[PDB]
Structure formats: structure tokens, C-alpha cells
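Read through the structure below, which is laid out as C-alpha cells, and then see the notes.
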Amino acid sequence: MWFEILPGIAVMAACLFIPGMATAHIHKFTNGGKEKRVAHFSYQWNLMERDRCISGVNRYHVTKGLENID
Amino acid sequence: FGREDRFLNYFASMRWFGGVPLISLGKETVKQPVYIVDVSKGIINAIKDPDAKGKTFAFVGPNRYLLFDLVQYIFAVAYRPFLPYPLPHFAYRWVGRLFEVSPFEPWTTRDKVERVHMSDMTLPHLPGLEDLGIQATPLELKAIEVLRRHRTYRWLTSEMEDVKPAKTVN
Amino acid sequence: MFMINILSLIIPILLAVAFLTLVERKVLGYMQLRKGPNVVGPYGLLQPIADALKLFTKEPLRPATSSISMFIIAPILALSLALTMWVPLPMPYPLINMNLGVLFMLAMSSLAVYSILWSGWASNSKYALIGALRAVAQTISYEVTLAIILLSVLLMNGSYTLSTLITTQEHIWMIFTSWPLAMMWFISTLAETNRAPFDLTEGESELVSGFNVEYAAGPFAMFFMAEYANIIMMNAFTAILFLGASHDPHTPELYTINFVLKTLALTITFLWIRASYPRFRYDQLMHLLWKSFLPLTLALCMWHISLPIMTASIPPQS
Amino acid sequence: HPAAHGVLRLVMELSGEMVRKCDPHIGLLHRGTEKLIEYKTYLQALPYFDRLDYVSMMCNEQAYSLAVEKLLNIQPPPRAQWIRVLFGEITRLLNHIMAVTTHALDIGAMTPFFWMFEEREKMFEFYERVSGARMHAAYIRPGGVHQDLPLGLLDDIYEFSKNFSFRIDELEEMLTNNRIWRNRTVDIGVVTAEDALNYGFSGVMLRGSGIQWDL
Amino acid sequence: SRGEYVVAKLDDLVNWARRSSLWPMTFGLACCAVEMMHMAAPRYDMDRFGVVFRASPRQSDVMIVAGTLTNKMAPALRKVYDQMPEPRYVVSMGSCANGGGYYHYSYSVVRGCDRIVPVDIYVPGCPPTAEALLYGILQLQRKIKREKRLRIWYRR
Amino acid sequence: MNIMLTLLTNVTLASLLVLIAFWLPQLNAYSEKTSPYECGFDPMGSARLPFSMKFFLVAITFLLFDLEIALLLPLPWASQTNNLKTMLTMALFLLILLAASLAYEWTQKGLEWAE
Amino acid sequence: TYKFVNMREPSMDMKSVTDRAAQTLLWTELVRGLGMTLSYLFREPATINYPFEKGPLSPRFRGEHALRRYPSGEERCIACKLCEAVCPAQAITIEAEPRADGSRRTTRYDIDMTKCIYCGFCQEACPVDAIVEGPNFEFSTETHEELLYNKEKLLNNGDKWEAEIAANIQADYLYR
Amino acid sequence: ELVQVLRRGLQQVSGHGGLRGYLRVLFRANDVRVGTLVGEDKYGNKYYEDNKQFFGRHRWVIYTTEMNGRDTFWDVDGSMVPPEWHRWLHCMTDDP
Ligand SMILES: COC1=C(OC)C(=O)C(C/C=C(\C)CC/C=C(\C)CC/C=C(\C)CC/C=C(\C)CC/C=C(\C)CC/C=C(\C)CC/C=C(\C)CC/C=C(/C)CC/C=C(\C)CCC=C(C)C)=C(C)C1=O
Ligand SMILES: CCCCCCCCCCCCCCCCCC(=O)OC[C@H](COP(=O)([O-])OCC[N+](C)(C)C)OC(=O)CCCCCCCCCCCCCCCCC
Ligand SMILES: CCCCCCCCCCCCCCCCCC(=O)OC[C@H](COP(=O)([O-])OCC[N+](C)(C)C)OC(=O)CCCCCCCCCCCCCCCCC
Ligand SMILES: CCCCCCCCCCCCCCCCCC(=O)OC[C@H](COP(=O)([O-])OCC[N+](C)(C)C)OC(=O)CCCCCCCCCCCCCCCCC
Ligand SMILES: CCCCCCCCCCCCCCCCCC(=O)OC[C@H](COP(=O)([O-])OCC[N+](C)(C)C)OC(=O)CCCCCCCCCCCCCCCCC
Ligand SMILES: CCCCCCCCCCCCCCCCC[C@@H](O)O[C@H](CO[C@H](O)CCCCCCCCCCCCCCC)COP(=O)(O)OCC[N+](C)(C)C
Ligand SMILES: CCCCCCCCCCCCCCCCC[C@@H](O)O[C@H](CO[C@H](O)CCCCCCCCCCCCCCC)COP(=O)(O)OCC[N+](C)(C)C
Ligand SMILES: CCCCCCCC/C=C/CCCCCCCC(=O)OC[C@H](COP(=O)(O)OCCN)OC(=O)CCCCCCC/C=C/CCCCCCCC
Ligand SMILES: CCCCCCCC/C=C\CCCCCCCC(=O)O[C@H](COC(=O)CCCCCCC/C=C/CCCCCCCC)COP(=O)(O)OCCN
Ligand SMILES: CN(C)C(=N)NC(=N)N
Ligand code: SF4
Ligand code: SF4
Ligand code: SF4
């Protein structure tokens, strides 16, 4: 009957899950467990560069705060 | 030589490797190829001939060609740019050894190179196609059957008489 | 790690294309009272694998009259652009985050047109030429209408960024905002992907397999893969553009599940339409877009320019 | 060619996609049926008429039988005549299903083909039950019919005929008022009544042109 | 041996795909092509087995010669057969393709398509039922299953 | 950089597929197999002969309208201006002139294919 | 009598004009066709599971040929050549002579199954029910020569299929 | 109800004698229906009937895994049925 179409749709859906979930996981992996920084403008890019400079490890996602100012 | 042969297809498929490597530039090799239909007709007539029981025949073509002239004519009929260059025998043997490591059907082999360089023997004592009743077909009449497949679309429709026959050595 | 991400975007798409072929065969079979493939594997699950292996182990031939260089380039261009169209799609995070993600889609589609033209011309056959010129006319009509519709809907958005599309559709659906443009967009995507009733470049009834009549074995399979990847990609773009899913930044799998479900619904609707309707005539396709869609499209473009101004709802630029 | 019915070679002159002339080349399925019929007897020539129009087989058989009976000066019995008319109408249903669905397939629709071909399969079962052959029955013969109906055939034909109007309705739901079907079929191949009569058309060609004629 | 085992498994894989994805060319000549339509029909769905009609000979694996082959058609049949790329198979359906048929002693008919093309399966009948043609297709699949191209090559 | 790498990956995968397709299978080529396809008979003419285009005018109009839409594309950013009245007037002016072009061609029968 | 298939004119009231305009702008009949196809999707398929399920057949079906015997084992065929005479396709070849016991029996009985048109005239013309067209239809071969049956092959077919052949003839002999 | 459909599916799973039998019938017959056993021939073929199914699908055969001298686990022909069951399966009679 018509429900024999479902396993093929299930396989196709499982295949379409992989790209988005993989991109999310790789974004969190290479950005310290946080969302990848969106830099659509020069201001955002300069913020990222300053974050890289202040981190001391040449990585913008390593965030520093009050424990670093004093 | 015929549609599915090695001879004309072996010489006409060398266009992929740039130029045409010839030993002594193909000036020391004389060949008289024979046509496949003549060979098969002679084989059939030898079965039907009652006085060919324990004999030896030589199936040869009407015209003898130098290898350089023959290959130049092959390339002229195929309408391919013919750029022959000399290749010393040891280097050609090395190249043939390179191609015979193929698990599949090799493109060329050392024995193939030796056979290509070798001139065809003349055996006037042995009978032949005329003795079996066959008039040998010249290469100039059947070469376009084989070599038209190797032409490009620009030259596919060119007729048989558009290429002057090669010089023979008779 | 970015190469790993590229592979994670490419390989699942090709697998989805194969099983889309299986799903289309079975859906059409059940709509035609048949069953479709159910013998090769469990419920015919190994059918795409069998077909792919057969096609890539069969002999490909170059016609004696063909122009070999563009005979080979055309499937390469088709499949490469089919795989490239997926890189700016947010699911919910794009592989490549572009400021102008929509114009990139338009440009790459317009480029992917030329694979059909060059494969038809390089084949050097009359049926291939007829299919190529049908492609020319089809692209004329759908291209102008598609550009205007996209302009209007993205004018309701504020920019050409698809993540901004998600943010825009946070609360309701662009299909609730602009359903007429949604209908015309769906029809235009059918015409763009060469799906029935607009499968005129490869029209079996009139032309024997249309533009890829001279293609065999692997190079034919590349065109098939490219066409089905384009179908899925256009449905994914439509789902992102009009059926906006809710996004939770801490659990992005929910958006991915919603996006996949909406994409599958639209793709199955494509298959449904193919089962249901006859085929157009390409002159009637040209007259449909220009004489019916283009006037309404221009009027709706004017309406959607004026509406944000007259109601003080102009979207933010970023 | 899918739209050439297998053995038609249409040599067309096209200006672009506009047809300048159609030059049908037939004879690719010419066998010599008339010469062979000359060499056969009257019973041996009946399957030849089965295989001429292989979609209206009992109809071709009936035409041949009527001709031979007219020359013989005999008369089939009433039950034979009613069986002939019944199976001629069953054959007309088979042929019209084939014609409409193949026409729609050439246009671009295929599901009506599949549905109505399931119906064709049931009518083939009727053919096979009376004759033993699914299509080339050789059942209607000069002098009547070969054998009598089995003892459930009329009930089964009644069931089929009872459930067939719904199939025609479903076929019409996909084509009759469909705007794509109307764009493809309306004002295409218009033939005037005088032209039809002079060219020698018969049947639905005349009746579409508006001529009130039916044999 | 290891290589013998590997080539056996490889050609099993290659034969499985070819037998499980059969693409007949849409090529019908006469009344036998109606039974082919009924094999395509819902009752004996051929697409269920992996058998799909394609219009272009370049994208076809099987030629089902279904109908009477005439002298005016034999060149066209040979031409499309040649334009089919290899591996390619032929199923001759019905009496008219198997031999002459009802038209054997005729000036205009070729007595069997096997005078023109190499035929792999012969399906008898006038016309063979859709089940008979399906049996012939399955017999063709079983014949493909016994091919050992890589096994011959390894021992070659 | 990332987009260049993505394009390179896609092109390389497609080229590898073509290479596998043309080198894995057994090949047998002869003049009859590689002949052009025209339904079983030989082509009378050549496929390189001129092929009349019945919609030559619609193609030129397509060029012009394509550049009209190129003009229209920067509208989403134009909506952020302070001169909203001027922006709206000019946008509607362009769209009305496009509509006028369509109306003129439609009434003058430019949309009808040549016979 | 006759009827017109397309001779009606639409009503021009404002309601009807608006309904037609809605059908034009909102694709009502197209959605109706979609609904019909969806209904078929949720119906049950008509496909049988060949080769484990077979289509219906009748006692009158004409399949592979067979030569029958009397219950004693004696052949029914008396070499009368009526089947050879009536065969439309000239597919039967028969040669006979007196047997060692003086019986009128065949020495050659060939049927070219590639020439046969499976019309069943031979079993109508047989006065002793010797040649029959049995129920077997799955006998496709791999070579042409295997389809040129002879007397040994046809007698083997009769011996293999005799039970079913007898049952079918019993079921259908009162209609003959 | 979906529950009834799932329960009938589970009954089909348990009707073939465990998961292995269900998978075997699924892979060598492409169907997992259960019907009453009408009989079995000397070659191992089993014959099943279900009058609730529509005509054509109300009788079926599960072919043996070894007939004569051929291993028929996968390669199963339609000609493996002896003539009496051939007649019954093709419905030339109602009596097994
Ligand atoms: C001539 O007269 C006649 C007629 O008149 C014309 C007739 O009408 C008829 C009657 C016939 C009809 C009426 C037929 C009409 C029917 C229709 C029109 C509808 C029927 C349906 C169709 C025609 C549809 C046809 C569709 C086809 C054929 C598609 C099949 C093709 C394919 C499947 C090939 C393309 C797919 C490919 C190539 C898949 C490729 C996938 C990949 C490469 C993905 C893999 C990628 C990788 C990188 C691999 C690695 C992956 C890994 C490693 C992941 C694994 C990891 C894990 C963890 C698992 C008859 C008989 C006739 O006679
Ligand atoms: C061009 C691409 C470069 C990048 C490649 C990146 C990786 C590609 C991965 C996909 C591989 C696709 C192939 C799959 C099939 C595997 C078998 C295969 O490849 O067979 C190939 C061919 C097969 O020959 P074939 O043509 O008989 O193969 C037909 C296919 N079979 C038989 C398998 C069905 O194998 C060989 O050629 C190997 C034998 C030795 C040949 C020696 C050649 C020497 C070099 C060539 C030039 C020599 C002259 C130079 C002149 C100038 C010198 C200065
Ligand atoms: C290492 C790789 C080596 C090979 C590279 C091959 C490249 C070939 C194409 C060259 C032109 C495109 C790349 C230009 C350089 C990078 C530009 C860049 O930085 O873009 C960032 C921008 C970023 O997008 P953006 O618009 O959002 O940028 C603003 C936002 N910031 C600044 C924050 C990024 O990318 C794009 O806009 C994407 C545009 C892609 C345009 C491609 C045009 C050519 C298409 C050719 C298709 C060929 C198909 C295959 C054919 C095969 C036939 C056999
Ligand atoms: C002339 C008629 C015009 C009709 C215009 C509307 C056409 C709608 C076509 C929908 C096609 C859907 C295809 C994909 C199906 C996916 C199913 C799925 O996952 O659903 C779960 C999804 C849930 O996943 P979700 O997260 O994507 O949904 C909410 C999405 N946000 C909030 C981000 C916008 O949808 C729902 O459960 C709710 C759907 C509606 C959401 C919008 C707000 C409510 C609007 C209510 C008023 C509606 C008035 C009109 C109603 C009558 C119209 C005739
Ligand atoms: C799905 C999309 C991607 C597809 C990728 C490839 C899918 C298929 C993978 C399995 C292929 C198995 C081998 C089939 C080869 C063709 C058969 C053939 O031509 O036989 C006739 C020929 C017969 O040769 P012969 O010498 O007997 O014949 C002489 C010529 N005639 C016929 C005229 C007498 O077979 C061969 O030549 C055998 C060559 C070696 C076969 C094995 C080598 C390939 C191994 C593949 C392993 C996978 C990795 C590499 C491949 C690419 C993928 C990464
Ligand atoms: C979110 C989770 C990730 C999802 C990823 C989705 C990926 C889906 C991949 C496809 C899954 C469905 C296909 C497999 C279903 C059928 C498997 C099984 O049922 O088939 C059996 C056969 O198993 C198959 O070999 C399984 C193949 C699985 C690999 C192919 C799927 C991926 C395609 C590309 C693979 C490329 C890498 C190659 C890996 C080998 C047949 O049973 P049987 O009748 O008893 O065979 C007996 C024959 N013998 C005796 C000779 C052996
Ligand atoms: C799309 C991307 C693909 C990329 C390439 C990767 C390929 C992935 C591998 C796919 C494997 C598919 C396996 C197919 C399983 C066969 C199913 C089973 O039924 O086959 C049986 C056995 O088939 C063959 O004996 C074996 C075919 C499969 C085994 C191939 C070899 C093993 C595959 C692994 C690759 C080889 C590498 C080995 C080491 C080099 C015969 O059954 P069959 O008669 O048809 O069914 C008829 C239908 N009935 C039952 C209803 C009547
Ligand atoms: C803006 C147009 C004026 C520009 C004039 C330029 C010089 C003249 C060259 C022609 C260009 C314009 C041609 C457009 C009209 C020509 C077509 C025509 O004759 O008919 C128009 C046709 C009428 O149909 P029929 O003639 O009856 O044919 C049907 C028969 N069954 O339809 C029309 O009227 C369409 C006319 C253009 C549509 C847009 C109308 C514009 C109204 C908005 C005001 C524009 C003001 C511009 C400032 C905008 C500020 C927001
Ligand atoms: C408060 C003021 C608001 C102002 C806005 C008012 C707008 C709302 C009312 C107007 C909306 C009209 C809808 C616009 C779309 C109409 C398209 C059209 O022109 O209709 C058809 C054209 O459209 C078609 O014919 C469709 C053909 C292709 C159909 C095949 C697929 C369609 C079936 C699938 C349904 C699609 C569902 C869309 C879902 C979208 C999901 C994102 C007319 O063409 P013809 O009948 O041939 O006659 C014209 C010349 N005499
Ligand atoms: C080949 N035959 C018999 C057809 N009916 N063909 C068709 N394309 N409709
Ligand atoms: S074998 Fe019989 S049914 Fe088939 S084409 Fe010939 S006459 Fe027609
Ligand atoms: S069935 Fe007809 S064609 Fe066949 S042998 Fe009997 S009489 Fe001859
Ligand atoms: S009609 Fe019967 S008895 Fe007479 S020759 Fe033929 S098979 Fe024998």
C-alpha cells in the first residue's frame, strides 16, 4: 500500500538532515562551542580582529573579561 | 588490414601521443599489407581446392610500400596532421616495454615494435591469392573503410579519390 | 575542517538525489495504481544504487559528429553548479554566509542554463538542437518573471541574506503575507527546473529524449543528478523563502528538521504535479509568463514597494 | 519514435518548429496480407483480419464475416448476432480507451493511461474466457460465432459495465475542463465538412466536423 | 585464490546491477506491442522489477523486438540496435519476430529478427501474454546473472 | 577563499566522475554505433544548418527587460533613504515605463511568433 | 438520434463571471485534478506479485501444444493430416506410414512454434482430440532452434501436462 | 486506527515463524502476507489462499529452495509449479 513509499522518504530525509546538523556541529567545534561569528560589515570584522588580538592565542573566540583587565 | 584490424588502427591511433615515432624514420621498412576479405576468401578457396592439400601459401597485397610512405598515406586519409620523428631502436623498445605492463589489452609491445620495424619477406616460390583465384585488393580501394572512423567531423564526408595514392616500391 | 564540511554538504545531497529518484518512481506508481520498485531491495531501497552502478559501468560513446570538448564540459558544468547552489542555504547555518545570497543563486542558475545549450549544440543532432532552443525560450520567460518576483518578496525582507529571511519569518509566514507571489514563484520554479508541465528541453513525446539524446552511460547520469539536485535545491529555497521555520540558537536541530520536512513536502508536490498534468507547448509557456504572469508581477512589485512605505513597516537594513 | 506508433516515418520540413509539410512514409509494416489471403481459404483468412487493426479485433472479424455471409447467402442465428453486437461494443470500448489514453500520453498525461489500461485488462479477461486468446480471438466467424458463452460471462460483463462509468468520469476529471488539455487540443487540426467528405474521412473525423453520419 | 574470489565478487556486483536495472527502448512494431503496454500496465507492473522504458537508444540496454519486421524496416532496426551502447540485449517477442509468423511466406517480411540482430531471448506466442513476456524478461535477468566477464578476464 | 575551495571541490568531483565514466567500462566503437541519431534512418541534412527562430523579437525585448530588472534590483536598499517620496516616485516611474513597453509591444503584436 | 458534445454557452450574470474569474485566477480545476490523483494514491494498487501470483485463466486458453494418448497409452493421432490442412500458418509438418502392427501412425509430426499463430484450429479440426493447445504459456527459450518442436517433444509435453489437459478438456467439451 | 494496522503488521511478523522467517519471505518473495495453507506439492512448494484479497491476489505460492537439482533459493521460475497446482493457481478451477 501507500505506506511503502515512506522508507524511501525516510532515507531522503535522513540524507537531508546531515548537511545542516554537520554544519552546526562544525561551526560550534571550530568556534569554542559557540555560534560562528557573523561578520557582514567592516565593524563586525574589526571587532573579530580585536578579539583575536586581545586573546593572546590568535583566536577570536577565546573571550577575555574582567579577570583579564584586572 | 580491415575494419577491426590492428595495422591501420595501430598507425592511426598514434595521433594521441603527439607525433609519430618511427625507427630510422620508417625509411628502412618495406611492407605489403593484405586485405581481410581477400584473406578469408583465400582461406575458403583453399578448403574447396582439391590440389592444395599439403601446401604452403603466401597471402600478400599487390603493392609494396615503405613504412614512411604508408603511414603518411594513412594520416592523409584520416586527415590528421602527420608529424613523424625518428626514435632510436633502444628507446622504442623501452617505450614498448612501458606499454606492456597493462593487465588489459596492451596498446603496444616490444614484439609489436619489432614486427612493425621488420620488412615483409619476399617469397616468390610460394603460391598465392592469384593461384587460389583471388585478385588482391589494393589498399587504396579499402583504406577509407577503416580510416573514415578516425576522421573528425570536418573531414568525415570527404570522398575516396580525394587523397593521392602513396608511392609504391615495386 | 572546512573540507570536511564541504564533503558533509556534497555527499548527502547526492544520496538524497538517488533516493529522490526512487521516491518519484514509487509515488508515480501509487498515483497510477501501480507499486513502483519493490523487488531490488527492501521496498526497492537498492534501486538507485543498481541504476547508478549500471550507468557508470556502461559504455559512453562520443558521436562522430559531436564537438568533443563541449560534449564533455556540459555535464561537468551542470553537476558542478548543482552542487554549488547549496552553499549559501541556511539550514540554519549556511556553509558560506554571503551578504547577497539571493543574487548568487540567480547568477548561478543563469549560468547552469548553458549546460543544456552546450550539450545540445555539441551533440550535433537535430533533436538535440531543438531541445537546446526550447531551453533558450524557456529561460527567457522564466528568468524575467523570477527576477521580479524575488525582488518583491525580498523587498518584504530588507536585504538579500537568507538568515535575515529566517529572522523575518520568525513570527508568521511570507506565504501568508504574499501568497500570489508564492503561486507565481512555484510555477516559475517548475519552469526553471524543467519539470512537468514544462519539461520541454527533454520532451520524450515530441523529441526522442530532447537535448541529451546522444548522451549515454556516465555523462547521462550526471545530467540526471544535476536535474534532481536542482529540484531539491529550488524546493529548499522556496521553503526558506515562504515557509519560515522557527529557530532556536541553542538547539539548531529543530530548524533543520522543520526545513527538511518542508523541503520534502514541496518536492513531493513537484512529483504530484508531474503525475497530474499534461505538457505545455513552449510558445504557450512563453505566452503564459509574458501575457499573464508579467503584468501581475509588475503590479505586485509596485504594491510591495509602496506597502512598507504607506504603513511604516520598512525592514531594517541589517 | 514514441509518438510515431512504431512504424511511421514522417519526413517533415520545419521552419524552426513550424511544420511546412508532412510527408508520411508507410509500408514499414506492410506484410502482404492481401496476397496471403488470396493463397488461404475463407476460414484460414480470418486471423489475418484479426491482425489488421489489432485494437478492434472482433470488429475486423465481424466485417469479414458479414462479407462472406453476404456472398454465401446465409444468415447467422439471433443469439450469434447479439453476441456479435455485444462483443463489438466491448471491442469499441477497448479501442476507445486505447485511443484516448495514447493520445493523452503523447500530449503528456500518463495516469489515465494506467487506469484505463487496468480496465482494458479486465476486458481482455472477457475475451480470453470466450475464446482462449486475450486479443486475437478468431471468435466471430462466417455463420455465427465459434463457441457459446461460459456460464458466468454475462454476470461478469454486467459487473464490469456497472463499474465503468466511474472510470470514464475519473478520466474526464483530468482532461475535459483542464486548461492545459484545452490549450493543447482546442483549434488544433480543424477540418471542414466538405474537406472531410472529399478526403474520404469516416467516423469520428466526420462527426467532429459536424456530419450526421453513422453506419 | 584471493584474486579469483575478488573477481567473482566484483562480477557478481556488476551483474547484479545490470540485471536489476533494465531499460528497454520504446520500440514496438505491431500487435505484440500492445501486450508490452499491458506488461507496463498496473496489473503486471514492470517498473516494479527495475524495468523502465527509455526513448533514446543511447540510454537503452534491452531491445524488445515486438512485432513483424519488414524489409523496409530492417535497416532502421539494425541502426537503432547499433546505436545502443554495450552491454546490450535482445528479446524477440512473438511469432513474427521469432520466425516469420503468420507472414513467413511473404515477399515483404524478414523471417526472424535474428537474421538482422543477435537475439538473446525468444518469447513465443501470437501475441505472448503479458505474463509470458514477463517470464521472458526474468529469464533474461537470470541469463545476465550467469555472465562471468571478470572471471573470464582473470583466467585470460 | 572558501568559495574558491568549494568551486574547486565541485569541479574536481564532476571531472572525476567523467573520468571514471570514460575509462572504467569496456569500450567498443565503430562507425555505425557513433553515427548521429535520427530515429533509425540517416539524416538528410546537417544539424549545423540555420534554424529559424520564430521569437527573435521576444529575445531582444528580453534583453531590454533584463536590464530593467537590473535597474530594479537595488530597491531594498533604496527603501532606507530619507527621501522616501522621491524614491517611491522614481521606482513607480521605472515600473510604469516597463509596463508601457509591455503594453506597446503586446498591442503592436510583438509577442506573436512569426509564421 | 444524436447529441451535441460541445454546444453550451456560459451564463453572463455577474456571479457566473466572478466564478469563472476566480477559476482563472485561482486554479480550481487544476486543484481538482490534483485531488483526483491523490485519491488514486490512497487507493490500493492492482499489481499482482508475479511470479508468486498468476493472472486468471480459463479452460479455453491456448498455450503450448501437446500430443495426447488414450488411457491405454496408445497415441490418439492417426496421421489424418486435417490439422496440417487447416493450419493457417503452415506450421505443421506430418509424415506417416503403417506401423509394425499395421497401425496408421505418424513418423514425423513437427510444429514450428515460431510460425504458429496459436489460433487453435488444429484442435478444432482433430477428430480424436490428439493435438491440443495446452495451458502452458511460460516456455520461452534462448535459441531459435529450441522452438522447432518435433514428435518426441510434443509427446513429452502431453505426458507432462496430461492431468491439466484432461481437466480442461473435461471442463470445456460440452461447449464444443 | 493506526494501532490496529500496527498490530496486524506485528501479527504478520509473528505469522511467519519469527523475525528470520519474516525477513526470508520479504527478501525472496517481496511480500509478507499470511494466508491459509491450501497444500504442498512433492517438490516443496507451498500454496496459500486468502479470499478477502481482490481477485488475482487471493492465491499465491512460495517456491521451494531446491527443485530437482537446482538451488532455487533466489532463482525461482514461474514454471516450477507442477501442472495440477498450475491449474489451481491460474484459476482454471476452484478445486485444489
Ligand atoms: C513504442 O510504442 C510504445 C509506447 O508508445 C510510446 C508506450 O507508451 C508503451 C507503454 C509504456 C509506457 C506507457 C511507459 C510510460 C511511463 C511513464 C512516462 C512514467 C514511468 C516512469 C518513468 C519513465 C521515470 C523514469 C526514471 C528513471 C529511468 C530514473 C532512473 C535512473 C537513475 C536512478 C540514475 C540516476 C541516479 C544516480 C546516478 C544516483 C547517483 C547517486 C550517487 C552518486 C550518491 C553516492 C555518492 C557518493 C559520494 C558515494 C559514497 C557515499 C557514502 C560513502 C555514504 C555511505 C555511508 C554510510 C554510513 C551508509 C509501449 C510498451 C510501447 O511499445
Ligand atoms: C588525467 C587525470 C589526472 C588526475 C587523475 C586523478 C585520479 C583519477 C581517479 C579515477 C580513475 C578513473 C579510471 C578508472 C578505471 C581504472 C582503470 C584505468 O584507469 O585504466 C586506464 C588504462 C586502461 O587501458 P584501456 O584503455 O584498455 O582500459 C579500458 C578499460 N578496461 C579495460 C579496464 C575495461 O590503463 C593503463 O593505461 C595502464 C597500463 C599501462 C599504460 C602505460 C601508459 C603510459 C603513460 C601514457 C602516455 C605515454 C606516452 C607519453 C608521450 C610523451 C612522453 C614525454
Ligand atoms: C584554491 C582554489 C583555486 C581555483 C579557484 C577557481 C575559481 C574560478 C572562478 C573565479 C571567480 C570566482 C572566485 C573569485 C575569488 C574569490 C571572491 C571572493 O572573495 O568572494 C567572496 C564573496 C563573499 O560574498 P559577499 O557578497 O557576501 O561578500 C560581502 C560579505 N563579506 C565581505 C563579509 C564576505 O563571495 C561571493 O560573493 C560569491 C560569488 C561567487 C562568484 C563566482 C563567479 C564565477 C563562477 C564560475 C563557475 C564555474 C563552474 C565550473 C565550470 C567547469 C567547466 C568545466
Ligand atoms: C487564497 C488562499 C491563500 C492561502 C495562503 C496560505 C497557504 C499555506 C500553504 C502551506 C503549505 C505547507 C507545506 C509544508 C507543510 C509543513 C507542515 C508543518 O511542519 O507544519 C508545522 C508548522 C510548525 O513549524 P514552524 O515552526 O515552521 O511553524 C511556525 C513558524 N513560524 C512561527 C516561525 C512562522 O506549522 C504550524 O504548526 C503552524 C502553521 C502556521 C504558522 C503561522 C501562524 C499562524 C497563522 C494562522 C492563520 C492562518 C490563516 C489562513 C488559514 C486558511 C488558508 C486557506
Ligand atoms: C556510483 C557512481 C560512481 C561509480 C564508480 C564505479 C562503480 C562500479 C564499481 C565496481 C566496478 C567493477 C569492475 C567493472 C569494470 C568493467 C567491466 C568490464 O569492462 O568487463 C569487461 C572486460 C573484459 O576484458 P577482456 O580482456 O576479457 O575482454 C577483451 C575484450 N573483448 C570483450 C572484446 C574480448 O573486463 C575487464 O577488462 C576487466 C578489467 C578489470 C576489472 C576490475 C577493475 C576495476 C575495479 C574497481 C574497484 C573500485 C575502485 C575503482 C573504480 C572506480 C570507482 C572509485
Ligand atoms: C542520520 C543517520 C545517517 C543516515 C544516512 C543515510 C544513508 C542511507 C544509505 C542507504 C540505506 C538503504 C540501503 C540499504 C538497505 C538494504 C540493505 C539490505 O537489506 O540489503 C541486502 C544486501 O545488503 C547490501 O549490500 C547493503 C548495501 C549498503 C551500502 C550501500 C548504501 C550506500 C550507497 C553508497 C555506498 C558507497 C560505499 C560502499 C559501501 C559498501 C539484501 O539482502 P539479501 O537478499 O539477503 O542479499 C543476499 C545476497 N548475498 C547472499 C549474495 C549477499
Ligand atoms: C550509489 C552509489 C554506489 C557507489 C558504489 C558502491 C556500491 C555499494 C554496494 C552495493 C551492493 C548491493 C548488494 C545487492 C544485494 C543482492 C540482493 C540479493 O537478492 O541478491 C542475490 C545474490 O546476488 C548475487 O549473488 C550477489 C549480488 C550482491 C553481491 C555483490 C558482491 C558483494 C558486494 C560488495 C562489493 C564487492 C567487493 C568484494 C571484495 C572486492 C540474488 O537475488 P535475486 O536473484 O537477484 O532476486 C530475485 C528476486 N526474487 C528473489 C524475488 C526472485
Ligand atoms: C508612460 C507611457 C507614455 C509614454 C509615451 C512615449 C511616446 C509614445 C511611445 C509609446 C510608449 C507608450 C505606449 C503605451 C500605449 C500604447 C499601447 C496602446 O495603444 O494601447 C494601450 C492599452 C489599451 O488597450 P487597447 O489599445 O484597447 O488594445 C486592446 C484591443 N482589444 O493599454 C494601456 O492603456 C496601457 C498603457 C500603459 C500602461 C501604464 C499606464 C500608465 C498610467 C500611470 C501614470 C504614468 C505617469 C508616469 C509618472 C509615474 C509617477 C508615479
Ligand atoms: C488589499 C489589496 C491586496 C492587493 C493584492 C490582491 C491580489 C490577490 C488577488 C489576485 C491574485 C491572483 C493570483 C495570481 C496568480 C494568477 C496566475 C494566472 O495568470 O492564472 C492562470 C495562469 O496560471 C496557470 O495556468 C497555471 C498553469 C500551470 C499549472 C500547473 C501547476 C499548478 C498546480 C499546483 C498548484 C500550485 C500551488 C502553489 C503553492 C505555492 C507554495 C509556495 C491564467 O492563465 P490562462 O487561464 O491560460 O488565461 C490567461 C489568458 N486568457
Ligand atoms: C507501437 N504501437 C502498437 C503503438 N500503439 N505505439 C504508440 N506509440 N502508441
Ligand atoms: S506474433 Fe502475432 S500478435 Fe505478435 S506482431 Fe505477429 S501477428 Fe501480431
Ligand atoms: S494453433 Fe493455428 S497456427 Fe498453431 S499449429 Fe494450430 S492451426 Fe497452426
Ligand atoms: S488432426 Fe489430429 S489425428 Fe489428424 S493428423 Fe492432426 S493431430 Fe493427428
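Chain letters run A, B, ... following the sequence lines, proteins first and then strands; every chain starts at 1. Header says: electron microscopy, 2.9 Å. These numbers come from the heavy atoms of this one structure, side chains and all, not from hydrogens, waters or symmetry mates. Contacts are counted only within the shown part of the entry, which is not the complete deposit. We count ligands from 1, going down the list as the structure has it; atoms in each ligand are counted the same way.
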Drug name for ligand 10: metformin
Which macromolecule in this structure makes the most heavy-atom contacts with metformin (ligand 10), going by the name the PDB entry uses? NADH dehydrogenase [ubiquinone] iron-sulfur protein 2, mitochondrial
Identify the other chains in heavy-atom contact with metformin (ligand 10) at a 4.0 Å cut-off. D, E
What label does the deposit attach to chain E? NADH dehydrogenase [ubiquinone] iron-sulfur protein 7, mitochondrial
List the residues forming the binding site of metformin (ligand 10), heavy atoms under 4.0 Å. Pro2(D), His5(D), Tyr54(D), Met98(D), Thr102(D), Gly28(E), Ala30(E), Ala33(E), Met37(E)
